[PDB]
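A deposited model with clobetasol propionate.
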Amino acid sequence: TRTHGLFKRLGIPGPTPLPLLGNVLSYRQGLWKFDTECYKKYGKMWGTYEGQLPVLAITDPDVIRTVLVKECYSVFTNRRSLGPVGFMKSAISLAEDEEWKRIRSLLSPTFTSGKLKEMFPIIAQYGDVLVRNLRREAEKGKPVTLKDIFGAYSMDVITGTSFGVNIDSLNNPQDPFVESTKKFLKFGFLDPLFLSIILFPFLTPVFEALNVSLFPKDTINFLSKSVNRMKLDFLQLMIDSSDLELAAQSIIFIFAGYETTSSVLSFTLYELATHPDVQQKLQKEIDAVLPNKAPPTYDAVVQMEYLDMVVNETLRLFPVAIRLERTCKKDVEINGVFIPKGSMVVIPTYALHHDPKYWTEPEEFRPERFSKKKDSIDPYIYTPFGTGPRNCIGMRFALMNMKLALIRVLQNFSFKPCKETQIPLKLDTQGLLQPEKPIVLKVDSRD
Ligand code: HEM
Ligand SMILES: CCC(=O)O[C@]1(C(=O)CCl)[C@@H](C)C[C@H]2[C@@H]3CCC4=CC(=O)C=C[C@]4(C)[C@@]3(F)[C@@H](O)C[C@@]21C
């Protein structure tokens, strides 16, 4: 209760904390659900405690633009106070202040639209693997469990592009890359370690000194073992430019991009199933641009307007990262409130994405929201990839992979519900947004 008066004192509303734990019990229902309930309850700003760590949640866009862009470098440079990660404290999402400022700089040339335009054929090759895989499953007439197919694609594309070559994960379950990377799936709140770290950060130096890491030590090595072993994609581009630092980044990319890409694709496809009119219209768009199942190309995949709007609206409904988190590296005035050092600020993307103030019929899937014809979207309400210098660096790359996959599958099949399709979709209560029950759809071919 050392800090459990901070918000009472500073005139900031919030749910009453419980000793030691904080409001953390409220997280078991899921953060997206907690973040919104508070939003509705407390308005523009509410405070909570993670054990002892205060947490300030801002919804006003200007305040957001302050935290995310204006004073990203003067104050809010780090995300969540670092945990027992050992040497992956070099990977870019985890580094802080200057160490990150460098690593960011030294990886930017890899994620420019130019290098992406370059990598395009190495990615689109993975769509042929994907189509066979989805035909196999649907040739039968058998409902398809999307997370198998598109989890597989997600990993194949990232593994191969990040380091190595095609694994065809679905048909090589015993591949040593497949079993080892599959272990990022259980990240966040689930592990006892994260809880003890969340509630008692002062143990973090301890676990480091005991070589106990949040990450699966069993796999971190095998990846590093395969990285140094190799020393067309991220690898060589990293090659041209420490050797531990290089080995981290390769792993974080797989981390930051494996499960997000996967959940978003099956989310997109779920919505196309339950709005067949949107599914035709995108099919029409695809067939006019690449007639007779033509091979995709970079400048096409980028200029497909509806397709962009379709991915974009899905990220409105399903911001897989739920919230954006920054740490005050110094005392700071955030919108007339005095916020001590170490504190965390939360920009509640999911809740802001579902606000009726900014989105007519917020629960409805309406790709038209993103018509370039309409008034541009506020980049601090819509924060699916972050904004500011700390945003998803692979943003352009992820949108490419998903669009590539979505095109290939939509050239060859449609998607519709069946008896086993959960409608409405329900979210799970842990980690990145995922469905309560896995998505299964009927996938008939167009011929
Ligand atoms: C649908 C796919 C993805 C989504 C929704 C997503 C979302 C996000 C978000 C919200 C952040 C943090 C933003 C912030 O702090 O405000 C982030 C960070 C990051 N993402 Fe992604 N991401 C995706 C895919 C990827 C992929 C494929 C990669 C790399 C190949 C990637 C690499 C990274 C990295 C390195 C960071 C941390 C960089 C930093 O802290 O400066 N992301 N991502
Ligand atoms: C998990 C793969 C990944 O790299 O995700 C992150 C990212 O930037 C790219 Cl998505 C990663 C560094 C840490 C991730 C957050 C930790 C706390 C956390 C616990 C949850 O239960 C739900 C969401 C977050 C709040 C989080 F998961 C997401 O925002 C995504 C973050 C920031």
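Going by the PDB entry, the residues shown for chain A are 27-257, 269-278, 291-496, listed in order. Both counts, for ligands and for their atoms, begin at 1 and track the order of listing. The analysis underlying the following values was restricted to heavy atoms, covering all of them including side chains, and did not include hydrogens, waters or symmetry mates.
- Taking every instance into account, the structure holds clobetasol propionate at ligand 2.
- Against clobetasol propionate (ligand 2), the chain with more heavy-atom contacts than any other is given by the PDB entry as Cytochrome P450 3A5.
- According to the entry, no covalent attachment of clobetasol propionate (ligand 2) to a chain is modeled.
- The entry attributes the source of chain A to Homo sapiens.
- Site of clobetasol propionate (ligand 2) with heavy atoms closer than 4.0 Å: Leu57, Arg106, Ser119, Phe213, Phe215, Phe304, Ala305, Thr309, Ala370, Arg372, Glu374, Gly480, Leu481.
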